[PDB]
Novice: 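Sharing a structure here in structure tokens format.
Chains: A, B, ... assigned top-down by sequence line. Residues displayed in chain A correspond, in order, to the PDB entry positions 1-138, 143-222. All residue numbers given for chain B refer to the PDB entry; the residues shown span 1-211 in order. Chain C uses the PDB entry numbers throughout; the residues present, in order, are 1-211. Numbering, chain D: per the PDB entry, residues 2-226 in sequence. The figures here come from the full heavy-atom set of this structure, side chains too, leaving out hydrogens, waters and symmetry mates. Per the header of the entry, the method used was X-ray crystallography, 2.8 Å.
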Amino acid sequence: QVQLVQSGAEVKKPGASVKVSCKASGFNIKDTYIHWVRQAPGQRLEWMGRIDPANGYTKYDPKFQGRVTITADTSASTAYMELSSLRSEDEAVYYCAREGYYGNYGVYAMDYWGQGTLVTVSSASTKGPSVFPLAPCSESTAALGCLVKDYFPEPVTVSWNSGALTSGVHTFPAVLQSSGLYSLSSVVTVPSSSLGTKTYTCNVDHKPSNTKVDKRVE
Amino acid sequence: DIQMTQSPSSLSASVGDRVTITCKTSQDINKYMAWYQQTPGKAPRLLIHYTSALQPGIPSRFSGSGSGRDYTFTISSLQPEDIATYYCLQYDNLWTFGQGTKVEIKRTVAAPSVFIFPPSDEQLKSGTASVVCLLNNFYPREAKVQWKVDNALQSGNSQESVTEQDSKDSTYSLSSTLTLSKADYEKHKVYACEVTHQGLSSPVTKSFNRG
Amino acid sequence: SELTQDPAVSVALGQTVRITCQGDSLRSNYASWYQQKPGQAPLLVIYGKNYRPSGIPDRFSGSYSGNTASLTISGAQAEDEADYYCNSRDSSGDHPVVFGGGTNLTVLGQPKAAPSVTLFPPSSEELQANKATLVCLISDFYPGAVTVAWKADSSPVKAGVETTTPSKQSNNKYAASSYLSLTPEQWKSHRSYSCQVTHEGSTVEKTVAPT
Amino acid sequence: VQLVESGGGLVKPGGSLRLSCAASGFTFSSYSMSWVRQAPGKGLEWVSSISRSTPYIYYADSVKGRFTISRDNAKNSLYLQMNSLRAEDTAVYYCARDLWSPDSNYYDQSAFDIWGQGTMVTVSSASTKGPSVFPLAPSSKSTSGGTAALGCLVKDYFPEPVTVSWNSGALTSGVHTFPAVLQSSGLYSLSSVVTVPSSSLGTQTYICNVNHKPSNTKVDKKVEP
Ligand SMILES: *[C@@H]1O[C@H](CO)[C@@H](O[C@@H]2O[C@H](CO)[C@@H](O)[C@H](O)[C@H]2NC(C)=O)[C@H](O)[C@H]1NC(C)=O
């Protein structure tokens, strides 16, 4: 029931501004505090600021302050985070977090977190990915794959058989090419007996370019 | 503005081992300490808050301790599902997170299942060729991929990407991608992939001849 | 540095009352209310985002809207007749605590109670110290309005009369004391002394004499 | 969990006190403490504040540069050095637990959860005076024929704080300690009565424990028929 939805991943030019939303559902937004946390590539969690959606008061981190502006719309039950003058160092995954009071203990704790929103600070244009199948030439286990080549920005979401086939799936992290475009492969290991008797479709999805591919590997 | 010193930075322990992480602060944080579980590519989950209070739903094996400056987090028996980056949070005055702890499972050697994929006919139409090698489910993380186009060793033409440790069998999966033009690809016949791993006795090669 | 509230508010038994507090600090902070009975320390009833400490009934509830916060008492009962103080935290500059003028809450002006009068003559021990004091003790009355008149046998005495102002008891009723100081020459001279306690027309006349 | 303040009493104008609050049941350090005074008949007024152990200090405009807040975290005690006292400083001084420090988060949702008993401080040029306790002989006229009312007269004392109990705290049933009168002399006079059985009037002994804290007088007067 208690959920913390977040807006889709965004790409912005260096020097511009980005506004990320946080949809609160399954609990009264006014009853808690909302935090924003920046998570740099592979680096530690960095707290940005807190808002009291009920009154509006804000407490920002001394380094983030002046560039971060947290807003909240109680009627729409959503919290927003605006970050301007975007530098290459601002390219990270941003998380919104619910902080609830615990009556029994008499303390407050940052319990629930949002799924996260990736911010890409780049000059390169938004491009849809080229999907290619990965089937070999001619033992028990047989490997099939999908090559999500040449795309910008990150990320892409690869499913198999509309989310039915989950076991054996290995979607590797995207590798940044010299071309400046990203690329990742998604492999799935299935037995030879089941092969030729079942359809094997990979469900590629790139939301920034509104690309949606459903390629069958044979 | 209170500083965080989370030790260790990373660890590897067998399924069942008593994992111990510490988080020392610059000044007294009066027991206002919390611990978060960040499983690969997921939102951090609150395990323990106020030094020792366990969140409803979190397993019994997870526990916290400490007072003042020195605080300690403990997993009584490490599980294959405990693969994550663990962080310590102070919330006395302002909010500061720790450096993190890379928690991986230490297990017996698993040989990689090698697979060679040729460039598709649709990719060749665009005037480019991408040959993919796969190293499905292996342990430890250390693996050597030697690309060979007609007995000629390829260096620089390749680009590899490894996955996080698996949630179930606690193994890794590596994918090395060799790139060439449709012209350079048509000039050669045999495309090999020499996998050197601890799980394999001799360096296993999985190739294909063009056509 | 200002928190304004109504100096006095009147209810009825079972009725619902709302005490309002208006301050600039109430925009940024949340109001904490305190109940204070006569000769009692303040008691926290509601604080923060409508939080009531254990032991405080469901009757007490906290409201907030900008610069104004309100304490709502659902179903007013006799034990709720007390002073209510709103309080805030400010957080700007050198004044972090702001208190309100208080609200003298009064409930239903019923039920009327008859005063129980007790009269003591001056003790032999007091008479030895060449002094005399007649003690009139008025208790368990409602409303808190009592007229005390002393009479040396039949003639009224106005001199040497010191009477308290009625004040609330443990049972939320009222209590008053009246002392008539005399010299042992005056006490022995009479002929009996009387204490006239008039409350809502009805007069109680307890009498003592040197015998 | 308790807060007990002591040190209050009579002080002549221009003098100084001597106010100390003792905390028990909780960890004194990690809690912000503050003093709140209350003039007789008037409302609550904040005096001073001291954060967790930071140790940040705040004073009210009226008591600025006269009163000094201090805390002994080792001795679990809060102090107040109230110098050059004006007549208007006459109040009941409460020691309150703020629960959240001004430097900490959620201080917007803070409150004084635990309060002290209060220590009466009187700023007056008039000198202190002990009470003259007299026994108010048992009177069978109320509440029954099998019940009689006996008491204690706490005659002429100063200042107001006088504590009365019966049979060293044992007798509680029927005990009614009346509020004191402020006489023409300027001295207070209080009374305490207890309704006891007429049957046990000859067998049981009734002694009242009068205590006048500011004059250090302690009277244990026995009442007899
Ligand atoms: C709370 O308010 C009531 C009502 O104003 C006060 O009662 C009055 O007290 C005066 C004497 O001080 C009487 O002359 C009035 O007749 C009383 N009115 C009623 C309706 O009772 C009461 O004293 C106030 N409480 C405090 C502590 O100030």
Novice: Drug at chains A and B - which one is it?
Specialist: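 Answer: natalizumab.
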Novice: Tell me which chain touches natalizumab most, using the name in the PDB entry.
Specialist: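 By most contacts, it's heavy chain FAB NAA84.
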Novice: Other chains with a heavy atom closer than 4.5 Å to natalizumab: which ones?
Specialist: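 Chains with a heavy atom that close: C, D.
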Novice: According to the entry, what name goes with chain C?
Specialist: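 Per the entry: light chain FAB NAA84.
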Novice: Identify the binding-site residues of natalizumab at 4.5 Å, heavy atoms only.
Specialist: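 The binding site of natalizumab (heavy atoms) is C/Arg27, C/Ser28, C/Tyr30, C/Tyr47, C/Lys49, C/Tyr51, C/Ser91, D/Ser31, D/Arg53, D/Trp101, D/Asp104, D/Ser105, D/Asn106, D/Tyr107, D/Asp109, D/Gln110.
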